[PDB]
Asker: 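The following entry shows ribostamycin complexed with AAC(6')-IB.
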Amino acid sequence: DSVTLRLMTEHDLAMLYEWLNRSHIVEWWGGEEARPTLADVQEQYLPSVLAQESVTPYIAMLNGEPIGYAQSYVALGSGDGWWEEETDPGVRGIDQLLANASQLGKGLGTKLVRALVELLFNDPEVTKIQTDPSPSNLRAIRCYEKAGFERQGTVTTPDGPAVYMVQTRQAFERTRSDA
Ligand SMILES: CC(C)(COP(=O)(O)OP(=O)(O)OC[C@H]1O[C@@H](n2cnc3c(N)ncnc32)[C@H](O)[C@@H]1OP(=O)(O)O)[C@@H](O)C(=O)NCCC(=O)NCCS
Ligand SMILES: NC[C@H]1O[C@H](O[C@H]2[C@H](O[C@@H]3O[C@H](CO)[C@@H](O)[C@H]3O)[C@@H](O)[C@H](N)C[C@@H]2N)[C@H](N)[C@@H](O)[C@@H]1O
Ligand SMILES: [Ca+2]
Ligand SMILES: [Ca+2]
């Protein structure tokens, strides 16, 4: 059915910790910080701490069950080394994961990304959404393409080379109807 988003709260942190230590997630999420301890997740993902980095955390919901984690961020407002060429404060980036190995490759990630893109463009200040999957992460790249993102090129980030992908507000508008 329909994938929706709610703000993550401090009450979700234990659950997020469990998720971040599942093998299908560890593979693509964490980097240096792969397999975080409970304290790590509590210290790093508390919504008020993420707020200091211009990051907003969400829980993805399907049929009343939490099925994944997502975040949006102000690109111009990111940590040292991140998006240092950005000039547009309207640019938002996203990252996300599906909690359950059993639910991968069945279109749910595309639904989640579409829901996040729609949410973000419902802020009229937002001009463009970006994402930055690893070049190794072909599944994530395809999901993003299915959700309306276009590959731009390779960029150097603090987490290594990434495939920079974008979806502009104009593109989103044009694709809302076949009219
Ligand atoms: C990335 C993620 C959100 C994508 O969600 P998903 O529901 O698995 O993706 P979807 O099923 O919606 O779409 C994936 C597409 O990639 C293709 N694909 C699937 N596995 C693939 C693989 N191993 N290599 C290349 N392409 C693959 C699928 O065929 C599908 O395309 P198609 O519909 O044209 O056939 C999810 O797989 C996930 O959370 N993975 C672990 C964490 C992660 O990688 N997060 C993203 C970091 S940038
Ligand atoms: N797309 C999946 C990736 O998402 C996260 O990395 C994002 C990164 O997120 C930081 O990491 C913590 C929450 O994940 C916060 O500190 C944010 O600053 C963000 O600051 C960058 N602007 C974009 C990065 N892509 C993960 N950190 C990373 O491990 C994972 O591979
Ligand atoms: Ca406003
Ligand atoms: Ca149209």
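Residues displayed in chain A correspond, in order, to the PDB entry positions 21-199. Counting starts at 1 for both ligands and their atoms, in listed order.
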Asker: Could you help me spot every copy of ribostamycin here?
Answerer: ligand 2
Asker: Kindly identify the option in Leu70, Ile45, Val94, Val46 whose heavy atom sits closest to atom 15 (C) of ribostamycin.
Answerer: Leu70
Asker: Which of the numbered atoms in ribostamycin are under 4.0 angstrom from any heavy atom belonging to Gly50?
Answerer: 29 (O)
Asker: Mark up the atoms of ribostamycin that fall under 4.0 Å of a heavy atom belonging to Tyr65, in ascending order.
Answerer: 13 (C), 14 (O)
Asker: Which option wins on minimum heavy-atom distance to atom 10 (C) of ribostamycin: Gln91, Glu47, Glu73?
Answerer: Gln91
Asker: Under 4.0 Å from ribostamycin: which other ligands or ions?
Answerer: ligand 1 (coenzyme A)
Asker: Extract every residue of other chains having a heavy atom under 4.0 Å from ribostamycin.
Answerer: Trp48, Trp49, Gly50, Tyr65, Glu73, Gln91, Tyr93, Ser98, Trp102, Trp103, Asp115, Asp152
